[PDB]
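Here's the structure we're looking at; comments come further down.
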Amino acid sequence: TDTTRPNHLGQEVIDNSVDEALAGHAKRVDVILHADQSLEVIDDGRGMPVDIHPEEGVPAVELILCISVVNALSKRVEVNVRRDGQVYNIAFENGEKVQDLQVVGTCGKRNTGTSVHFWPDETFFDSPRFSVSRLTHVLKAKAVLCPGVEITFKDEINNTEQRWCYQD
Ligand SMILES: CO[C@@H]1[C@@H](OC(N)=O)[C@@H](O)[C@H](Oc2ccc3c(O)c(NC(=O)c4ccc(O)c(CC=C(C)C)c4)c(=O)oc3c2C)OC1(C)C
């Protein structure tokens with residue numbers, strides 16, 4: 001992972017969302033660059049499984065995040081999963097789970113998906129600023145290579161919003 005800036009980190013989180021679209025489960029991926037320079041990636045896929053992983057004995061989502069690159073390079077990572085009518089939440093800080101998986105709400109059974117919100121640890125990057133032009137260029141190409149998915153990008157730092165969808 002490149003540490004010139006947090007873009008590559010974001011693209012890896014975006015790729016996990018797009019993989020759900022490519023598999024035919026997600027129809028939309030939303031990316032939001034927050035005012036505090038944190039990035040949030042939301043998809044309407046199946047939702048990162050929250051049931052126990054046999055070998056490890058911990059929620060699959062907890063395990064995936066624990067070993068993820070976002071967790072390693074972010075001072076904070078908050079994940080919300082919509083699955084089976086339930087909204088599960090879990091968070092890590094400085095690389096450590098600071099909030100066990102827990103049901104924070106309910107939702108429609110058909111409303112599934114995952115939200116990954118992370119705050120890069122500025123100490124690991126030459127620059128903590130996200131390169132917007134680079135983020136949008138890669139996203140657009142992503143929309144192109146995954147026909148049918150609607151990709152939106154909301155920039156709350158430069159106050160702009162865009163959406164792209166390539167039907168075929
Ligand atoms: C970083 O997590 C990624 C996902 O990222 C997002 N945003 O959804 C996505 O890329 C992909 O997500 C998958 C990949 C495979 C299945 C999949 O095979 C499912 N089918 C099941 O019936 C199932 C139900 C519960 C369960 O614990 C598992 C196995 C666990 C896995 C695949 C982590 C499978 C399912 O419900 O959801 C899935 C999901 C959401 O792979 C992950 C979990 C590594």
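Sequence positions, counted from 1, serve as the residue numbers for this chain. Order of appearance sets the numbers: ligands from 1, and atoms from 1 within every ligand. What you see below is based on every heavy atom in this structure, not just the backbone, and it leaves out hydrogens, waters and symmetry mates.
- At ligand 1, the drug present is novobiocin.
- In the deposited model, the macromolecule with the most close contacts to novobiocin (ligand 1) is named by the PDB entry as Topoisomerase IV subunit B.
- Neighbouring residues of novobiocin (ligand 1) under 4.0 Å (non-hydrogen atoms) are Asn16, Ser17, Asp19, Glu20, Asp43, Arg46, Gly47, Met48, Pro49, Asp51, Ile64, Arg83, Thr114.
- Nearest non-hydrogen protein atom to atom 23 (C) of novobiocin (ligand 1) is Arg83 NH2, 4.6 Å.
- The nearest heavy-atom contact from the protein to atom 28 (C) of novobiocin (ligand 1) is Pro49 CG, 4.1 Å.
- Protein heavy atoms are absent from the space less than 4.0 angstrom from atom 34 (C) of novobiocin (ligand 1).
- Contact atoms of novobiocin (ligand 1) toward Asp43: 6 (C), 7 (N), 8 (O) (distance under 4.0 Å to a heavy atom of the residue).
- Atom 19 (C) of novobiocin (ligand 1) has as its closest protein heavy atom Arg46 NH1, 3.4 Å.
- For atom 44 (C) of novobiocin (ligand 1), the nearest protein heavy atom (residue, atom name, distance) is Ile64 CD1, 4.3 Å.
- Using a 4.0 Å threshold on non-hydrogen atoms, atom 8 (O) of novobiocin (ligand 1) counts as touching the protein.
- The N/O atoms of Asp51, backbone and side chain alike, include one that comes under 3.5 Å of an N/O atom in novobiocin (ligand 1).
- Within a 4.0 Å radius of atom 26 (C) of novobiocin (ligand 1), the protein contributes at least one heavy atom.
- What sits closest to atom 2 (O) of novobiocin (ligand 1) on the protein, heavy atoms only, is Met48 CE, 3.2 Å.
- For atom 21 (C) of novobiocin (ligand 1), no protein heavy-atom neighbour is present inside the 4.0 Å cut-off.
- Nearest protein neighbour of atom 10 (O) of novobiocin (ligand 1), counting heavy atoms only, is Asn16 O, 2.7 Å.
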